[PDB]
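Desipramine complexed to Beta-lactoglobulin, as determined in this entry.
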Amino acid sequence: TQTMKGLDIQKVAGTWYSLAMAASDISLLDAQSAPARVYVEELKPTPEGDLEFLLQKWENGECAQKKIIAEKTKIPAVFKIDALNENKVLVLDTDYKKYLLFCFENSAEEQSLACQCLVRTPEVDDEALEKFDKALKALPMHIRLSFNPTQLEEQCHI
Amino acid sequence: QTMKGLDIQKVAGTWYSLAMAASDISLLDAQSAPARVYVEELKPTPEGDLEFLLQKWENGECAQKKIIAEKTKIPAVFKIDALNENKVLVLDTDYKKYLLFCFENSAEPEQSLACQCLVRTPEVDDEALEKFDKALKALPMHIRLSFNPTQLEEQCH
Ligand SMILES: CNCCCN1c2ccccc2CCc2ccccc21
Ligand SMILES: CNCCCN1c2ccccc2CCc2ccccc21
Ligand SMILES: CNCCCN1c2ccccc2CCc2ccccc21
Ligand SMILES: CNCCCN1c2ccccc2CCc2ccccc21
Ligand SMILES: [Cl-]
């Protein structure tokens with residue numbers, strides 16, 4: 001999976017909206033509480049070059065928040081979120097101003113992938129979705145979801 | 001959108017649901033979701049109607065359902081109900097490999113679409129999925145699923 005060249009995380013800081021998601025397995029995304037059904041509300045780069053994700057997810061009939069620190073590696077667009085190196089964040093592309101494309105990747109067994117198209121403003125951006133679909137063309141996706149602007153403004157995209 | 005020169009005698013026989021898409025995430029986001037239905041068979045009637053033999057997951061088992069799509073004055077457009085709220089639109093087929101169709105509902109407040117890519121054998125057909133993806137580019141879909149060959153053989157499960 002080819003990641004972005006020359007990523008500057010200092011330029012991705014701020015509030016984002018999960019506009020579209022795709023995954024390698026239907027059960028990762030289909031249910032309201034599916035394991036990879038997580039909404040990115042904020043990206044915070046650290047001075048050390050880590051990227052904090054502020055996530056929301058539906059659990060037990062409520063919206064819950066979680067911070068995930070993705071730690072820097074030798075590749076600037078590849079981050080690790082476990083000490084066992086099975087689970088990664090891959091940044092595929094961004095223009096910084098409008099959209100960011102990233103994947104959660106698990107390579108422990110069958111690779112697992114869950115990818116998102118983030119936008120800076122809670123509107124549909126057809127350019128961002130086109131770039132998302134082109135980025136995914138090489139990957140073995142079996143489910144895609146896309147959200148409307150009303151959903152983008154609500155906790156857990158209700 | 002709907003194809004020219006449909007011959008319903010040639011769509012007869014065994015199919016498999018390779019891919020599904022819908023206008024609303026809640027139509028497809030569970031085995032229990034209303035549009036999560038697998039086509040087993042199409043049967044043309046002598047009167048030019050098309051019977052859909054369907055399976056749906058209910059409480060951990062496949063339940064079978066037959067819907068009659070009755071012919072209308074527009075080719076490749078079939079009505080399911082007497083009130084004309086529910087329709088089958090046949091978009092395209094080559095008869096021998098794939099069939100693309102959509103269920104449509106126009107009850108207020110919002111129109112619903114749920115489309116499928118059917119294939120003749122329980123194998124992944126990238127050409128069929130590409131034709132399905134091109135057909136969907138014009139429609140306002142918010143969820144899409146495709147099945148692997150294990151899922152294609154195991155019906156609703
Ligand atoms: C018990 N189920 C685990 C999933 C919960 N999860 C949450 C919770 C709220 C928002 C996002 C996430 C995603 C990842 C994560 C990471 C660590 C603990 C819980 C969670
Ligand atoms: C694969 N086990 C955890 C499933 C959810 N998970 C995913 C999903 C796909 C690929 C990788 C990962 C690991 C990290 C992660 C982070 C936040 C939510 C879900 C997930
Ligand atoms: C493996 N490539 C499949 C490409 C088309 N496909 C997409 C597209 C983007 C994200 C996910 C998917 C998987 C399911 C699917 C279903 C129906 C039409 C296209 C697609
Ligand atoms: C709750 N909506 C109707 C139930 C599902 N339904 C759909 C779904 C989307 C669009 C049209 C229709 C029409 C009828 C029909 C027929 C067979 C399976 C599902 C559906
Ligand atoms: Cl979608």
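Residue numbers begin at 1 in each chain, while the letters A, B, ... track the order of the sequences. Every heavy atom of this structure was used, including side-chain atoms; hydrogens, water molecules and symmetry mates were not. When a ligand or atom number is given, it counts from 1 through the structure's own listing order.
- Mapped onto the model, all copies of desipramine cover ligands 1, 2, 3 and 4.
- Other chains within heavy-atom reach of desipramine (ligand 3), distance under 4.0 Å: A, B.
- The residues of other chains having a heavy atom under 4.0 Å from desipramine (ligand 3) are listed as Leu139(A), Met141(A), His142(A), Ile143(A), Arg144(A), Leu129(B), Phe132(B), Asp133(B), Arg144(B), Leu145(B), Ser146(B).
- The distance from desipramine (ligand 3) to the heavy atoms of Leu139(A) drops below 4.0 Å at these ligand atoms: 1 (C).
- Counting the atoms of desipramine (ligand 3) from 1 in the order shown, those under 4.0 Å from a heavy atom of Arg144(A) are 9 (C), 10 (C), 11 (C).
- Ranking the protein heavy atoms by distance from atom 13 (C) of desipramine (ligand 3) puts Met141(A) O, 3.4 Å first.
- If you check which protein heavy atom lies closest to atom 5 (C) of desipramine (ligand 3), you get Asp133(B) OD1, 4.2 Å.
- Of the protein's heavy atoms, at least one falls inside 4.0 Å of atom 10 (C) of desipramine (ligand 3).
- Checking distances under 4.0 Å from desipramine (ligand 3) turns up no other ligands or ions.
- The closest protein non-hydrogen atom to atom 4 (C) of desipramine (ligand 3) is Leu129(B) CD2, 4.7 Å.
- The source field of the entry for chain B reads Bos taurus.
- Under a 4.0 Å criterion applied to the non-hydrogen atoms of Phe132(B), desipramine (ligand 3) contributes the atoms 17 (C), 18 (C).
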